[PDB]
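Written out below as C-alpha cells is the structure these notes cover.
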Number of protein chains: 2
Amino acid sequence: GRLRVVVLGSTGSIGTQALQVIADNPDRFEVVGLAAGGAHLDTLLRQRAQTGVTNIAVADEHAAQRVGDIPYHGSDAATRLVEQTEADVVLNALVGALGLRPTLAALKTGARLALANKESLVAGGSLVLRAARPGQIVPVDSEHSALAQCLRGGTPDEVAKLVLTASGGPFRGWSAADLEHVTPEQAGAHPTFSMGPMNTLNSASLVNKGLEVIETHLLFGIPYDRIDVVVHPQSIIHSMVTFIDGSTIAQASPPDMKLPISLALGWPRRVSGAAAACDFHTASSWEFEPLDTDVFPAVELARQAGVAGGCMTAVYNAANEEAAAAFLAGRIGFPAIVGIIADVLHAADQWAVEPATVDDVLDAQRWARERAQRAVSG
Amino acid sequence: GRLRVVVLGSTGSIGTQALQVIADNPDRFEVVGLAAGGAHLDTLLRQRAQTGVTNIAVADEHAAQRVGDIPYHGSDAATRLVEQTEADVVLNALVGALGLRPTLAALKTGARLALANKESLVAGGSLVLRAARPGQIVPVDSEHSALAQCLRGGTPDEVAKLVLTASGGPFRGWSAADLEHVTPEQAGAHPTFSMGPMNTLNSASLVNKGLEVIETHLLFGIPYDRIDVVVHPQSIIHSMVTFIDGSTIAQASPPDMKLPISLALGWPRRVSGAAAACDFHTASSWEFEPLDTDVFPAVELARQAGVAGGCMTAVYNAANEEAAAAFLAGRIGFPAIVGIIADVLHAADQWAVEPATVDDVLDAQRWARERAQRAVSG
Ligand SMILES: NC(=O)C1=CN([C@@H]2O[C@H](COP(=O)(O)OP(=O)(O)OC[C@H]3O[C@@H](n4cnc5c(N)ncnc54)[C@H](OP(=O)(O)O)[C@@H]3O)[C@@H](O)[C@H]2O)C=CC1
Ligand SMILES: NC(=O)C1=CN([C@@H]2O[C@H](COP(=O)(O)OP(=O)(O)OC[C@H]3O[C@@H](n4cnc5c(N)ncnc54)[C@H](OP(=O)(O)O)[C@@H]3O)[C@@H](O)[C@H]2O)C=CC1
Ligand SMILES: O=CN(O)CCCP(=O)(O)O
Ligand SMILES: O=CN(O)CCCP(=O)(O)O
Ligand SMILES: [Mn+2]
Ligand SMILES: [Mn+2]
C-alpha cells in the first residue's frame with residue numbers, strides 16, 4: 001500500500017514540508033516526481049540527491065541548463081510531468097493560477113489530487129469540478145482539511161454554516177489610514193505561518209481568506225451566505241462546522257501545514273506523528289473576533305465574485321496576482337491591491353459566464369491582468 | 001414514525017429539559033412514561049396534564065396516594081414501569097446509583113438507553129456493559145455526547161486520547177486553604193449550568209468529572225491512560241478527541257443540555273433548533289488550564305478506582321453519595337467530601353473484583369456507605 005506521489009512545487013514551503021512527511025513515512029509514501037520553477041537550484045539539487053528521483057520538471061530554461069540532466073523544461077514541464085508519470089497521488093503545491101493545467105492533467109490521470117494550490121481551483125471553477133470524481137480532490141489548505149474532518153460529524157443537510165478562521169495577518173486591528181503606510185517587509189511577516197511570498201502577502205491583504213471562501217464553496221457546495229469568517233489570531237482552530245441543532249464541530253492543532261499535507265496524501269487514513277497536538281496540560285487561550293470588513297473588504301469582494309460565478313473568480317484571482325506583484329515591486333501602495341481588485345471586478349460583468357474550456361478561463365485571466373496592469377500604471 | 005420515549009426522573013433538571021424538547025418536537029418524539037420520586041407533585045401533576053400520560057411511576061407510596069391515579073408506586077416502581085412499557089427510548093434522568101435497576105431493565109427491553117444518570121453506569125460497570133448491545137447506550141451527559149460526535153472524525157485505532165472539559169466549578173483555582181471555609185450555599189452556585197443538587201455539588205468538588213472519566217471508559221472502551229481532563233471555564237467546548245496525527249476534533253456550543261438531550265433521543269439524526277449555536281460575530285475567548293490535583297484529587301482518584309476495576313467504581317460513587325449528603329447536612333467540611341472518598345477507597349481493596357450480579361454491586365455500596373458514615377462520625 002505504498003503510494004506513488006508526484007510533488008509539484010517541491011522546493012517551496014508546502015513542497016519541502018511534504019517531502020519531510022514522505023521521508024518520515026517510507027512505508028506509506030514514495031516520491032516519484034518533482035516539479036519546480038528553477039529559482040532554487042540548490043534546494044532542487046538536494047532534493048534530487050536525497051530522494052534519488054531524477055524524473056523532474058523545471059519551468060525556467062536557463063536554470064534547467066545550470067542543473068543538468070532535467071527531463072522536462074519550460075512552462076509546460078509540470079503538466080507534462082503529470083501526464084507522463086504513473087502515480088497514485090499528485091500533490092499540487094505550485095503557487096498561482098499557473099497550476100491550472102497541472103491540476104486538470106492530474107485529475108485526468110485518475111490519481112488523487114492533493115491540492116495546496118488553491119488558485120487553480122479558484123480560477124478553474126466548474127471546469128475543475130467537472131473534471132473530478134467524488135473524493136478525488138483532497139484539500140491541503142488547512143481550513144478545508146479541517147472542514148472535511150468536521151463534516152464527518154453529520155449529514156450534508158445538517159449543515160447550517162461553515163466557519164473559516166483567519167489569523168487576521170500582521171495588520172490585524174489596523175485602520176485604513178494605518179494600511180497606507182504598510183511596507184513589503186511588514187507584509188512579509190505572518191503571525192502564525194512561515195510561507196512563500198504569495199500566500200504571505202495574501203494573508204496580510206486578506207485576499208487569501210477571500211480565495212479560501214471561494215475554495216470552500218467549490219469543494220463543499222455550500223452557498224456563500226452560509227460561509228462565515230471569524231478572526232482567530234492563534235491559528236489553532238483551523239475551521240469549523242455549525243450544524244442545524246446548534247452544535248459546532250471544530251478541528252484544532254498548533255499551526256503546522258504538515259498535518260493537512262499528511263492527511264491529504266494518505267486520505268482517508270491518518271498519519272501517525274504528522275504534527276504536534278494541542279497541549280492541554282498548560283494554560284492557553286483561543287480568541288475570536290470579527291473581521292473588520294470596512295478595513296479589509298477582500299472577503300466581501302470574493303463573495304461578490306463567487307456569487308456572480310463563472311469566470312469571475314478567475315478574474316478576482318488574476319487581478320490580485322497582478323496587483324500583488326505590483327505592490328511587491330514597489331509600484332503601488334498596499335491598499336491599492338484590494339483597491340484594484342475591486343476596480344477590475346466591477347468592470348468584469350462580461351465574465352460571469354460559465355467557462356466551456358480552459359481557454360475561456362485563460363481569456364478572462366488575460367483580460368483581468370491587462371485591466372489591473374492599466375490601473376497600476378495609471 | 002414518532003419515537004416512544006420513557007422519561008425517568010421527569011421532574012428534575014434534565015427531565016424537564018427533555019419534556020420541553022419533546023413538546024417542541026411532536027413529529028419526532030412522544031412521551032409514553034414518567035417516573036419521579038414524589039418530592040415535587042405540582043410539577044408531576046403539570047407534566048401528567050401537559051403530556052397526557054398516566055403511565056407514571058412514583059417512588060414514595062404516600063406521595064402516589066396524594067397525587068392519585070398512579071399505576072406504579074414504591075422503590076421498584078421505576079423498574080416495573082420500564083419493564084411494562086413499550087418504548088423506543090428510555091431516557092434515564094434519575095439521580096444517584098438508585099437508577100441502576102431501571103437502567104438494567106431498560107437495556108433488557110431492547111430499547112435505546114439515553115443515559116443522563118451516569119451513576120448507574122459507574123456503579124454497574126461491566127454488569128451494565130454485559131446487558132447492553134453495541135450502540136444501545138446513547139449518552140445524554142454533555143462531554144460524552146461531545147465525544148461521540150468527535151469520534152466520527154476517525155477510525156478507532158486512530159484515537160490518541162479523549163479529552164474531557166471541566167468548568168472547574170465555583171472554586172476553580174482556589175487553594176486547599178480557601179476550600180476549608182466553603183459553605184453549602186457557596187457550593188450551590190455553578191458557573192455554567194443550572195442543575196439538580198447532586199450534580200451541582202459534584203461539579204464543585206470535581207467528583208462529577210471523576211464519574212465522567214469512569215463513564216468515558218465504560219461507554220467508549222478507551223483505556224484510562226488515554227482519557228485526560230482539562231479545565232475550561234466557559235463550558236463551551238464540551239469535550240475533544242485527539243487523533244494519532246496530532247489533529248484534535250472538538251464539539252462546542254453555549255452550555256445547554258437540551259442539545260445533548262435532543263441528539264440522544266434522535267441519534268444519529270440531529271434535531272433542528274435544539275439549542276443556540278456559538279455566535280462568532282461578537283468577540284470572545286476560550287480558555288484552558290490544568291486542574292491542580294493537589295487541591296482537587298477527585299479525578300485521579302477516579303482513574304485509580306477505574307483501573308482497579310470491578311466494584312471499585314461503585315465504591316467510589318457510593319462513598320461520595322454518603323459524604324456529599326453529610327456535607328449538605330452540615331456534618332462535615334467541604335474538603336472532607338473527597339477526603340472521605342480517598343479514605344474509603346484506600347480501605348476498599350476487597351472490592352476490586354468484577355460483580356457477578358446486581359447484588360454484588362449493592363453489597364459494595366452498602367459497605368462503602370457504612371465505611372463513609374463511620375468517617376463522618378469523627
Ligand atoms: N503554509 C503555506 O505555505 C501554505 C500554502 N498554501 C498554498 O500552497 C501553494 C504553495 O504555496 P507555498 O509553498 O507557500 O509557495 P512557495 O513560493 O513557497 O513555493 C512555490 C513552489 O512552486 C514553484 N514554482 C514557482 N513558479 C513556478 C512555475 N512557473 N512553474 C513551476 N513551478 C513553479 C517554486 O519553485 P522555485 O521557487 O524553485 O522556482 C516552488 O517550488 C500556494 O498555492 C499557496 O497559496 C496554502 C496554505 C498554506
Ligand atoms: N444539567 C444537568 O442537570 C446534568 C445532569 N446530569 C445527570 O443526570 C441525572 C439527573 O440529574 P438532575 O436532573 O440534575 O437531577 P435532579 O435532582 O434535578 O432530578 C432528579 C430526578 O429523579 C427523581 N428521583 C429522585 N429520587 C428518586 C427515587 N428514589 N425514585 C425515583 N425517582 C427519583 C426526582 O423526582 P422528585 O421530583 O421526586 O425529586 C427528579 O425527577 C444525574 O445523574 C445527573 O448527574 C448529567 C449532566 C448534566
Ligand atoms: O491554511 C493555512 N493558511 O492558508 C495560512 C494562512 C492563514 P491566514 O490567511 O488565516 O492568515
Ligand atoms: O454535562 C454537563 N455537566 O456534567 C454539567 C457539569 C459540568 P462540570 O462538572 O464541568 O462543572
Ligand atoms: Mn489556508
Ligand atoms: Mn457532564
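Throughout, a chain's letter reflects where its sequence line sits, starting with A, and its residues are numbered from 1. Every number for a ligand or one of its atoms is a count from 1 in the order of the listing.
Checking cyromazine, ipidacrine, iobenguane, fosmidomycin against ligand 4, the answer is fosmidomycin. Counting heavy-atom pairs under 4.5 Å, the chain with the largest count for fosmidomycin (ligand 4) is, by its name in the PDB entry, 1-deoxy-D-xylulose 5-phosphate reductoisomerase. Other chains in heavy-atom contact with fosmidomycin (ligand 4) below 4.0 Å, by letter: B. In this structure, residues within 4.0 Å of fosmidomycin (ligand 4) (heavy atoms) are B:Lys118, B:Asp141, B:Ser142, B:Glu143, B:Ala166, B:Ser167, B:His190, B:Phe193, B:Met195, B:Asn199, B:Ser203, B:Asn208, B:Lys209, B:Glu212, B:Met257. Counting only heavy atoms of the protein, atom 8 (P) of fosmidomycin (ligand 4) lies nearest to B:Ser203 OG, 3.4 Å. Atoms of fosmidomycin (ligand 4) lying under 4.0 Å from any heavy atom of B:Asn208, numbered from 1 in the order shown and given with element: 4 (O), 6 (C), 9 (O).
At the top of the distance list for atom 1 (O) of fosmidomycin (ligand 4), counting protein heavy atoms only, stands B:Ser142 OG, 2.7 Å. Close contacts of fosmidomycin (ligand 4) with B:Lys118, meaning ligand atoms under 4.0 Å from a residue heavy atom, involve 4 (O). Ranking protein heavy atoms by distance to atom 4 (O) of fosmidomycin (ligand 4), first place goes to B:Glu212 OE2, 2.8 Å.
The PDB header gives the source organism of chain B as Mycobacterium tuberculosis.
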Between fosmidomycin (ligand 4) and the protein, tabulate every N or O atom pair separated by less than 3.5 Å, reporting distance only.
{"unit_1": "fosmidomycin (ligand 4)", "atom_1": "1 (O)", "unit_2": "B:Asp141", "atom_2": "OD1", "d": "3.0"}
{"unit_1": "fosmidomycin (ligand 4)", "atom_1": "1 (O)", "unit_2": "B:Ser142", "atom_2": "N", "d": "3.2"}
{"unit_1": "fosmidomycin (ligand 4)", "atom_1": "1 (O)", "unit_2": "B:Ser142", "atom_2": "OG", "d": "2.7"}
{"unit_1": "fosmidomycin (ligand 4)", "atom_1": "1 (O)", "unit_2": "B:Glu143", "atom_2": "OE1", "d": "3.1"}
{"unit_1": "fosmidomycin (ligand 4)", "atom_1": "4 (O)", "unit_2": "B:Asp141", "atom_2": "OD1", "d": "3.3"}
{"unit_1": "fosmidomycin (ligand 4)", "atom_1": "4 (O)", "unit_2": "B:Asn208", "atom_2": "ND2", "d": "3.3"}
{"unit_1": "fosmidomycin (ligand 4)", "atom_1": "4 (O)", "unit_2": "B:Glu212", "atom_2": "OE2", "d": "2.8"}
{"unit_1": "fosmidomycin (ligand 4)", "atom_1": "9 (O)", "unit_2": "B:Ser203", "atom_2": "OG", "d": "2.6"}
{"unit_1": "fosmidomycin (ligand 4)", "atom_1": "9 (O)", "unit_2": "B:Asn208", "atom_2": "ND2", "d": "2.8"}
{"unit_1": "fosmidomycin (ligand 4)", "atom_1": "10 (O)", "unit_2": "B:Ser167", "atom_2": "N", "d": "2.9"}
{"unit_1": "fosmidomycin (ligand 4)", "atom_1": "10 (O)", "unit_2": "B:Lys209", "atom_2": "NZ", "d": "2.7"}
{"unit_1": "fosmidomycin (ligand 4)", "atom_1": "11 (O)", "unit_2": "B:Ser167", "atom_2": "OG", "d": "2.6"}
{"unit_1": "fosmidomycin (ligand 4)", "atom_1": "11 (O)", "unit_2": "B:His190", "atom_2": "NE2", "d": "2.7"}
{"unit_1": "fosmidomycin (ligand 4)", "atom_1": "11 (O)", "unit_2": "B:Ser203", "atom_2": "OG", "d": "3.4"}

